[PDB]
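Entry overview - Estrogen receptor with GDC-9545 in place.
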Amino acid sequence: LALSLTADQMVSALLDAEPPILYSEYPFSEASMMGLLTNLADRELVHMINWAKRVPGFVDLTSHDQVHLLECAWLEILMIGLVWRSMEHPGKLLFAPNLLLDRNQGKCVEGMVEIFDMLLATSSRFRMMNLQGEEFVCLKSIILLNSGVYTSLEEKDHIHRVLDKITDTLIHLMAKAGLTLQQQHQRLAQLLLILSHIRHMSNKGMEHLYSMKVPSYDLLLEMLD
Amino acid sequence: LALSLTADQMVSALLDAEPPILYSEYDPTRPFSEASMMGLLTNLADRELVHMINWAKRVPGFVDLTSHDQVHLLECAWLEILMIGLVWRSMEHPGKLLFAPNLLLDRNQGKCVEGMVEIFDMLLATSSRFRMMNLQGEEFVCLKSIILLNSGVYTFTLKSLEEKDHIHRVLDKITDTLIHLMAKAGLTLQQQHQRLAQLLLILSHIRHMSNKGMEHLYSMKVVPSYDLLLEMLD
Ligand SMILES: C[C@@H]1Cc2c([nH]c3ccccc23)[C@@H](c2c(F)cc(NC3CN(CCCF)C3)cc2F)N1CC(F)(F)CO
Ligand SMILES: CC1=C(c2cccc(O)c2)[C@H](c2ccc(I)cc2)Oc2ccc(O)cc21
């Protein structure tokens with residue numbers, strides 16, 4: 001079914017599964033800032049699982065594989081969401097509508113400034129590319145399906161065919177927007193290369209969270225069913 | 001001078017710029033303890049590093065960049081570049097990493113350094129994913145140049161805008177070069193877009209492998225510095 005969808009259908013279904021925008025509870029210094037960001041992360045996580053179950057192909061996977069994809073992707077997903085929300089607040093991060101934070105407020109946590117700077121830089125790149133909400137939902141799905149695909153064979157083929165239809169979906173949006181074939185191939189490549197930076201940011205994030213002192217498999221295991 | 005090149009001229013130059021395959025020190029005490037194996041691999045990577053600078057200066061667009069921006073891209077890319085280099089030459093050796101023609105190691109020799117085996121298994125999966133897709137040399141040299149230009153572009157006044165848009169124009173030129181190679185080979189436009197996307201999604205795991213590698217190199221306890229790379233650049 002999910003392999004037999006048009007560009008239009010894939011977009012619609014993803015536009016439909018989008019979690020809602022959440023609110024914080026808001027000086028700071030290490031403890032509270034982390035507090036507010038931790039809690040909001042944890043609430044966003046709950047909505048993430050129900051969003052993933054609505055990504056075409058995802059539910060056709062085993063619960064083992066669903067869980068692994070999520071334990072590898074969860075912080076890339078949070079981060080592309082933040083970056084997407086921040087696109088029209090140049091030089092700030094819209095954590096929540098009541099928590100819009102400055103490059104300068106990263107200094108309130110040791111090691112966080114660097115992760116704000118990365119994030120702000122991805123936001124500006126989205127703004128300059130005029131990233132569309134339809135392109136956003138496709139990329140957030142690419143991340144979900146792609147960040148642990150390389151780790152049975154039947155499952156790998158299914159994920160790779162889903163990702164083929166999201167490529168088609170991404171190309172269709174750009175053709176409908178009226179881009180040339182050269183402009184289409186180019187914009188496809190620009191958006192998928194930003195995923196390597198988001199992967200980078202995820203890994204430096206994870207690293208910085210272990211300086212703080214991450215969900216296990218059992219965590220997500222229970223939450224899917 | 002990189003925006004003048006046709007697809008074929010961009011491929012020609014990238015093939016021509018390729019570093020040679022180096023050997024590991026010949027007849028070290030066999031078998032290895034963790035230390036001596038880490039000495040062999042470090043000795044080899046540090047030698048590969050010198051050739052990588054020479055290779056980097058022949059990637060079209062790279063010498064148009066300031067020396068500061070040139071070293072920033074190498075700071076950010078060097079381990080992803082060594083790693084894609086490893087997975088390509090490892091392709092035709094299922095379950096084996098061809099570090100050198102004289103240093104061919106399977107998963108189990110990876111266990112001889114604590115933490116190395118996880119990163120080993122990732123490098124092995126990636127080489128298999130390359131085999132599975134029948135990655136071509138012309139494509140490989142396009143991916144290796146994309147890592148150099150892309151990895152550090154996101155962490156750069158009018159100056160460094162023209163550097164960031166120039167890097168992006170070059171990257172757009174390498175994308176076109178990849179499509180041309182696929183269209184030339186007889187792939188449909190659809191298959192052309194699909195194969196471009198799967199090649200670029202693999203760059204995201206290579207970044208992952210790179211950050212895990214750097215994590216592991218730190219754990220053990222050194223890596224290229226800024227100044228060092230500045231020196232080799234000139
Ligand atoms: C700035 C980034 C990105 C980010 C954080 N909060 C968010 C809320 C909504 C959307 C995005 C974010 C925040 C963030 C986060 F992303 C997760 C957590 N930790 C909690 C995730 N929890 C799950 C396990 C609970 F037991 C631990 C704390 C944060 F400050 N994060 C920091 C970092 F992870 F990159 C480390 O520097
Ligand atoms: C990927 C890789 C290493 C590797 C393997 C596993 C983990 C890791 O962190 C690095 C290891 C290495 C050792 C020391 C340094 I300084 C850099 C790389 O030795 C190499 C040699 C050549 C090469 O092309 C790639 C590697």
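Chain A is the first sequence line, chain B the second, and so forth, proteins listed ahead of strands; every chain is numbered from 1. Read the numbers this way: they start at 1 and go in the same order the structure lists the ligands and their atoms.
All instances of GDC-9545 together account for ligand 1.
With a cut-off of 4.0 Å on heavy atoms, the other chains touching GDC-9545 are A.
Of the listed residues (A:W74, A:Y210, A:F95), the one carrying the non-hydrogen atom nearest atom 4 (C) of GDC-9545 is A:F95. Most residues around GDC-9545 in chain A come from the UniProt domain NR LBD. Residue A:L45 places a heavy atom less than 4.0 Å from GDC-9545.
Near A:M79, meaning under 4.0 Å from any of its heavy atoms, are these atoms of GDC-9545: 35 (F). Near A:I115, the atoms of GDC-9545 lying under 4.0 angstrom from a non-hydrogen atom of the residue are 35 (F), 37 (O). Distances between N or O atoms of A:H208 and those of GDC-9545 include at least one value under 3.5 Å.
Taking UniProt's list of 17beta-estradiol-binding residues in chain A, a heavy atom lies under 4.0 Å from GDC-9545 for A:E44, A:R85, A:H208. Residue contacts with GDC-9545, taken as heavy atom pairs separated by less than 4.0 Å, involve A:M112 solely via side-chain atoms from C-beta onward. Taking each of A:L37, A:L119, A:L78 in turn, the one with a heavy atom nearest to atom 2 (C) of GDC-9545 proves to be A:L119.
Residue contacts with GDC-9545 for A:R85 involve side-chain atoms from C-beta outward but no N, CA, C or O (heavy atoms, distance under 4.0 Å).
Distances below 4.0 Å separate heavy atoms of A:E44 from the following atoms of GDC-9545: 9 (C), 10 (C). Residue A:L40 holds the heavy atom nearest to atom 8 (C) of GDC-9545 of all those in A:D42, A:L99, A:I21, A:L40. The ligand atoms of GDC-9545 that sit less than 4.0 angstrom from a heavy atom of A:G205 are 35 (F), 36 (C).
Between A:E207 and GDC-9545 there is no heavy-atom distance shorter than 4.0 Å. Residue A:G81 places every heavy atom at 4.0 Å or more from GDC-9545.
At 4.0 Å, heavy atom to atom, the residues around GDC-9545 are A:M34, A:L37, A:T38, A:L40, A:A41, A:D42, A:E44, A:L45, A:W74, A:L75, A:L78, A:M79, A:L82, A:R85, A:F95, A:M112, A:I115, A:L119, A:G205, A:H208, A:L209, A:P215.
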